[PDB]
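Entry featuring mitoxantrone.
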Amino acid sequence: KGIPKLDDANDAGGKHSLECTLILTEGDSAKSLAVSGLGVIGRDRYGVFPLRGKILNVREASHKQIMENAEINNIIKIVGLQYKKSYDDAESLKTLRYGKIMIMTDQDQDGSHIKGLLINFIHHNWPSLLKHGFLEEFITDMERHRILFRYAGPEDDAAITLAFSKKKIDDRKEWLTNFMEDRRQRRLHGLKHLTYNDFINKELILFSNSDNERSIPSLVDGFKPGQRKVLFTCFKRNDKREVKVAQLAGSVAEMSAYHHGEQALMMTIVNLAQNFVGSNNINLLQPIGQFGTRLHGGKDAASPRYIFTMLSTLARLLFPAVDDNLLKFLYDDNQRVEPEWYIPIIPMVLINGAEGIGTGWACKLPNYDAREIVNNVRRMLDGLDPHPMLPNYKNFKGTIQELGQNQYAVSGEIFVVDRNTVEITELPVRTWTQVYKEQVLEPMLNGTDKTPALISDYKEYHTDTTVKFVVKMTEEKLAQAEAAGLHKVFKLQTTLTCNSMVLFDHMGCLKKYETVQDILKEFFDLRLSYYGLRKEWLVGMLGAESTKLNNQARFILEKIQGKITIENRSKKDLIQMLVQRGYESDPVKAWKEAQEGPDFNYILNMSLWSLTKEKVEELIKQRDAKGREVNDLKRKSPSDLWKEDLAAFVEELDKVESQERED
Amino acid sequence: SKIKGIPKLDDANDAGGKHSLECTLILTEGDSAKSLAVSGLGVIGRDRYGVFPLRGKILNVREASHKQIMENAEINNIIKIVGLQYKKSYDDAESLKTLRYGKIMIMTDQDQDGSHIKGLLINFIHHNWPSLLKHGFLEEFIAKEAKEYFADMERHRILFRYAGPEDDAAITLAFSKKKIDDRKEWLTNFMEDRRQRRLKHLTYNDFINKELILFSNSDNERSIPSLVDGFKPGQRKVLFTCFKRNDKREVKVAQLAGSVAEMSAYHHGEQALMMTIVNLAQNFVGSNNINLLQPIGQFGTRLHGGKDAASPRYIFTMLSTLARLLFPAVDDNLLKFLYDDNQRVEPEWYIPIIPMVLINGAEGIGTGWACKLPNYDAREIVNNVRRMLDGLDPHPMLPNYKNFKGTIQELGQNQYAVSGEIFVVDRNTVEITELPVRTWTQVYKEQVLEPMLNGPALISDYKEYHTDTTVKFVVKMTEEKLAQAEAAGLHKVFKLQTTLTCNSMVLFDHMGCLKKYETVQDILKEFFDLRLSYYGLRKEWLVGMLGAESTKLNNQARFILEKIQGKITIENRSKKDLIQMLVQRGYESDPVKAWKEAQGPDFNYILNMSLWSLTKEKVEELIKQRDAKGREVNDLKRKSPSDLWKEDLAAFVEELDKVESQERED
DNA sequence: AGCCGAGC
DNA sequence: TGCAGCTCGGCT
DNA sequence: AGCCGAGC
DNA sequence: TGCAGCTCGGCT
Ligand SMILES: O=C1c2c(O)ccc(O)c2C(=O)c2c(NCCNCCO)ccc(NCCNCCO)c21
Ligand SMILES: O=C1c2c(O)ccc(O)c2C(=O)c2c(NCCNCCO)ccc(NCCNCCO)c21
Ligand SMILES: [Mg+2]
Ligand SMILES: [Mg+2]
Ligand SMILES: [Mg+2]
Ligand SMILES: [Mg+2]
Ligand SMILES: [Mg+2]
Ligand SMILES: [Mg+2]
C-alpha cells in the first residue's frame, strides 16, 4: 500500500496469499509486457513490480546500506517478509502476502546477474524459503516459459556463496579459470527445474565472464570492447568537424552493434577525450567543450548533449589506416563491426593506463611516458634491452619514486616560503583540487571533533589546469610540521601499488603481468610481426596496382596508335580481343580475391579524356611512379616501416603538446 | 538569517546580515549559467553575490490558483532566499530591513526564451511587490571567457527602470489572462510594421515592447502551423532531414533527432524534437490520419493518449511510403530553401498534393492566438480536389478520424457532436464499444466508470475486453437503474458524447501572414490556388530541365556516332585543341549546367563518358535514351498542370489503399 | 570508507 | 533506466 | 480545473 | 534541463 509502480495482486494479503505470485521485472518495460500478458484475468493471483538497475549485494553489505536500500525494502514490504524470521514450518508462511516470487529479466547476461542478486538476497536472509521453492523465473505456452528454482542440497548453498561473497574472490578466480580453459578446449573442437548450483555454474558464470570481457582491456591496443567500438566508429566516420558526444554515441551503437544503454557509451567517449592531469597521457579524442577538470576529477563534465568531440590528429598516427587491412574484424548478425583488436605502433595500454573491475579479477595500470616508450621500442629494434620505466603522468610536476616492486611514492609539491607560509603547487596524481581542499585544508583550518587546527589561513590561486595553495601557519606549528615531514603532514604523498596488471593477451587469454617490461615485450614481438604482414601486404597490393596501371597505360597507347580499336565492337568481341592480346583481368581485384570471367572494367571505365595528350602523359607518369613506389617499399624492412611511423608520431606529438602549452 | 534546505543556492557571504541590501542574488537560466557565474565571481565575488539556478519556465503568478502558487518550488525558493513576504509594502527604508538581498540580477540566454523567463520573473515581482520595482530591485546581466565577463561586469549590467503607469500596463499586457485581445492587437501591429520594413537603464515598457514581443512572435512562428503544408518549423525540419537522409531502414528516434539538429540547424533542446518525431509517427485512433513517419516500436496507444510511448532511445522510425507521394521530390526544385548561417536548411514550406493541414488536424498554442483543426478524410479531400479541377464545387466536409467507429454530426458551422458507441445487450447489461475521439480508455475508466461503480453508485460491475487499438466495456446494472439511464439517454449518462468546436483556425498563409480562416472550405480553396499554380511552375521547370537533358543527350549521342565513324578523333589531341574543335563543330557547352545557371565552354559531360560508350551495346543504349528523353519532354509539353496533379493524386490513392489494407491485416 | 568505470 | 512542471489560448 | 504540444 | 544507486576487486 502506497508504493509507486506496484500493481499489487487482488488476492494478495488474504486467504489465498500463498497462491499469489509477485513478478519482479527488469525495468518498467518488462513490467508493462507482464501487465499486458497478465490481466484482466491474471490480476488476482499475480502482482507486478519493476526493479531499475542492479540491486544491492546484501550478503556482506553494511547495516546502513541494507536499511536504506529502496529496492530491498519495497520487496520486503510487498511480500510481507521479516528479517530473522525462519520459515521452517507451514504455519509461519501465513504472514506472507505472496507465496511465490517470479523473477523476469532480459534473456541476457546482465539479466542473469539480477536473477542472481535476487536469489542471493533471499538465500541470505531466508534460506528456509528456498527449500519450499519460493523462487521461479520467466524465460522469454505461458507455462512452458515458467521455470522453477529448486534447492537440492548444500552444494547449492556453496554455489550461491561462491558467486556473491566477498570472501570467495580466490574461488571465483579458479571458477572462471576452469570455465575459460574449458571453453578454449571446446573452441578447438565443438561447442522445468533448475538447481541453484546449475544456475550459478551454467548461467551466472556467463555474466561473470562477459563482465571480464567488457571491463578488462586487451594488452594489444589497451582497449575494452566498448572503447574499441568508439574508435572503430570514429575511424569510419572520418569526421572533419566536431560531433555532439550524444550523437557520436548513437552512431557507435548503429555502426558497431553496441547492445547496451547509451549513457554508458557517452561516459566512455568522455573518458577517452579527457586530458587533465591524471587522466590520459594521450587522448585519442578531442575534448571540445567542458569534459571535466582536475578540480573535480572530471565529475564536472557537462552533459554529453552539449559537448563535442573528434579524433585527435595523433589517433591515425598511432593506429595507421594501412594496418586495418591486417585486423580481424568481428561480426554481429552478418554486420561487420570492430576488430578483435587494433595494433597501435606503441603499447597504448601503458600510455593511458588501464582501469577495470570484473569478476575474479581487476586491472590497474598507471600512465607511462609516450617518449620513453618510443625510445625503448627503438632500443628493442636495435637488439638492445629496454630500460626500466617508472610511471609518468603528462604535466604532473611532482615525483614518482620506486619503493619496492610495483609500488611507488607519488608526491606533490610543497615549499616553505617564510616562517609563516607554505605554498602547495602540485597535488599527487588523482588527488583532485576540490577534494584536497575540502578533506585536507578545511579540517586543517577548522579542526574537527577528532583533530586540532594546524593552519591559520589558506588562499587559492588555481587555474583550470594547475594548483596553487598559499597556507599561513604560526611559526610554532610550521616548525612542528617540518619536523614531522611537510609532505606527510599535508597529505601530499600517496602510494601506488600495481600488483593487479591483468590483461587479455593477443590470443584472448586472461593473464597476470608481473612487470610492465613483460607487457612491453609481448606487445613488441606482436607488433614487429605485424609490420612484417604490413610489408607483405603492401608489396602485393602495390604490385597489383603497378600491373593495373601497366595494362591501362598499354591500352591507351595501343589505342592512340591505332593498334587497337573498340569503336562499335560488341562487348564479347571486345573481351575476347583483349584476352587474345594478353591484357590481364583486373589485377587489384584478382589480388584481393586471392587474399580469401575476365574483368576489363578498370580499362574500359576510363573516361574519353584518357585518350588526350595531357592525360596520356599523366597516365605514363603515374605508371612509372607506382613502379618506383613498389621498389621503394621493397627496400624497406619491417623495422624501417616501424621507425618511419614512430618518427611521424613524435613529430606530431611535439607539435600537439607544444600547442597545448600555448592554447 | 541563513538558508537551510536549498541545495543549489550559493548564498552571498553577507546576505542576511548588516550588508544585506548591498547584496545581489543572481538568478540564472539553468545550472550551466550558474557555474559560469560562480566562476566569474571567483573568490572576491562570493561576498556580495549569491547565485541560484532556475530550471525551466516558471509559474505565471498573476491569476494563478492559490494552490499552484503555494506548492511551486521556484517562487517559494526565491521568496525564502530573499526573505520576501506576501502582502508587505516595501515603500520606505524601514520595510527594506527584512530582506537578505537588496537586488536580483537576472541572467538568461540572450535569446527569445531567455527574454520570456526575464519577463516572468519581472511579472512575479510586479504582481506581489510593485513597491520593490520603484526602488530598482531588478537588474539583468547580458567557457573560460566567464572570468573575463565579470571583471567587465558593469558594461554587461542593465538596470530595469520603473517610469510610470505605462510600465504597469506593459507588464499587464504581456502576462494577464484578461488581456488576450490586447495581445492580438499588440502582435498584429508588430507584424505589420515588420512587414513594411522589408519594403544602461531599461524601462519595463521598453522591455515588453521591444524585447519580450520578439519572444511572443517567435512563439507563434514555432507553434502555429502553415496552411500550405500543415507543418510548424520543427516538424518541417524533421521531414526535410528525413528526405535528405532517405533512410531505407529504421533509425532510432533519438539518433534521428540529433541528425535533424545537425542538418537543419535546430537550435533547441533535443527532447522537444524527439517528442515531435514521436508525435508525427503516431497512428492510434485520434492521432494522425496519415502518419508521415512509421511507428516502429511502442509510440503510445489510445489507452493513455500516447503518453505510454517508450523512450526515444528504444524506438525506431523511418519515412512512410506515402510521404514522398504526398510531397513529391520534383517539387523540391520550386521551394524557397532557408539559410541558417551559410548552411542551407528546410524550406519556408513544402507544397503537398493535398492540404495536409486538414488531414492530420494541425494544432498549437502561441501568444495572442492558438490553432485547432480536426482531422479530415484523405479520400474525401482528394475527391474535392478532383471536383475543383473539373470546375465543380467542392462538397462540404465533416471531420473524420481514421478507424473511429463512432459518429461525428454537424450541429452548425465549425460545431460538432462526437459520439462513442453504447448498446443495450440485455436488461442488465450495456456494452460500450467506442469512445468519442480523444477520450482515452484509461481516463474514461478512471473518471467515468469508476465513479459510477462508487461515489450515488449507478452501475453494479464492469469488465474490460480492450485491445491495444479497440475499446470494449461490458457494464452490469439493475433493470431499474438501466431503465432510468436509457430514459435519460445512454450516451448522455455514460458521457459518450463530447462537442468539438473549431472557431480558432489560425494559420500562417503562403506569404507568412497570420490569418484566421472561418471554414475549412476557405482553407481548401486558398491551398488549391497555390498548389495549382505550383503544378504550373513544375511543368515550366520540368520542360526546361528535360529539354536541357534532351540537348545534353543529343550532343553525347552525336559525339559517339561521329567517333565510331571516323568523323572525329580525340586520340593524342591537346586539351586546348580539343575544346576549340568541339566548339567549331558546334557541340554545346553542358546544356544542363547552362540551364541551371540561367535561373569557357564545358564539354566534360561528353569527355567524362567511359570508353564503354564506343561499344556496340552502349551506342544503341545511348540512342534509345536520347529518343526516350525526347519523347518525355514532348509528352510533358502536351499535358496540363491539372493532368499532372491528377497523376499524383491517383498514385497517392493507390498506395494509400495498399498501406491501409496492410495495416488492417497486420 | 570510498575511488576507479562499464554495465543495469 | 525513469523521475520532476511550467507557458501560452480555446475550450470544456 | 485540465487537455493539447513546442519550448525551457 | 538535471535528479536518483548499485556491482565487481584492489587498494588507500
Ligand atoms: O537504475 C539506473 C539505471 C539503469 O537501470 C539503467 C541505465 C542507467 O543509466 C541507470 C542509471 O543511470 C541510474 C542512475 N544514475 C545516476 C547517476 N550515476 C551514474 C550513472 O551512469 C541512478 C539510479 C539508478 N537506479 C536506482 C536504483 N538503485 C539500485 C540499488 O538497489 C539508475
Ligand atoms: O526544467 C525542465 C526542463 C528544461 O529546463 C529543459 C528541457 C526539458 O526537457 C525540461 C523538462 O523536461 C522538465 C521536466 N520534464 C518532465 C517531463 N514532462 C514534460 C515533457 O518534457 C520537468 C520539470 C522541469 N523543470 C522543473 C520544474 N520547473 C517548472 C517551474 O515551475 C523540466
Ligand atoms: Mg539487457
Ligand atoms: Mg584512463
Ligand atoms: Mg536558449
Ligand atoms: Mg496530430
Ligand atoms: Mg488556463
Ligand atoms: Mg565493495
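Residue numbers begin at 1 in each chain, while the letters A, B, ... track the order of the sequences. As the structure lists them, so they are numbered: ligands from 1, and atoms in each ligand from 1. Side chains included, hydrogens not; waters and symmetry mates left out as well; all remaining heavy atoms used.
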Exercise. Please list all instances of mitoxantrone by ligand or chain.
Key: ligands 1 and 2
Quiz item: Other chains near mitoxantrone (ligand 2) with a heavy-atom separation under 4.0 Å: which ones?
Solution: B, D, E, F
Exercise. Under 4.0 Å from a heavy atom of B:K57: give me the atoms of mitoxantrone (ligand 2) that qualify, with their elements.
Key: 29 (C), 30 (C)
Practice problem: Look at atom 31 (O) of mitoxantrone (ligand 2) and say which protein heavy atom is nearest, naming residue and atom and giving the distance to 0.1 Å. | Solution: B:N72 ND2, 2.9 Å
Quiz item: Right, does atom 26 (C) of mitoxantrone (ligand 2) have protein non-hydrogen atoms nearer than 4.0 Å?
Solution: yes
Quiz item: Does the protein place any heavy atom closer than 4.0 Å to atom 17 (C) of mitoxantrone (ligand 2)?
Solution: no
Quiz item: Would you say atom 21 (O) of mitoxantrone (ligand 2) touches the protein, meaning some protein heavy atom is under 4.0 Å from it?
Solution: yes
Quiz item: Which heavy atom of the protein is the closest neighbour of atom 24 (C) of mitoxantrone (ligand 2), given with residue, atom name and distance?
Solution: B:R55 O, 4.5 Å
Quiz item: Given the protein's heavy atoms, is any one of them under 4.0 Å from atom 29 (C) of mitoxantrone (ligand 2)?
Solution: yes
Quiz item: Can you tell me the protein heavy atom closest to atom 15 (N) of mitoxantrone (ligand 2) and the distance?
Solution: B:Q271 NE2, 5.0 Å
Self-check item: Region of B:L54 engaging mitoxantrone (ligand 2) - heavy atom pairs below 4.0 Å
Solution: neither
Self-check item: Test of proximity, B:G56 against mitoxantrone (ligand 2): N or O pairs below 3.5 Å
Solution: yes
Quiz item: Under the 4.0 Å line, does any protein heavy atom show up next to atom 9 (O) of mitoxantrone (ligand 2)?
Solution: yes
Exercise. Tell me what the entry calls chain B.
Key: DNA topoisomerase 2-beta
Quiz item: At a 4.0 Å heavy-atom threshold, which residues contact mitoxantrone (ligand 2)?
Solution: B:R55, B:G56, B:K57, B:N72, B:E74, B:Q271, B:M275, D:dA4, D:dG5, D:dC6, E:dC8, F:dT1
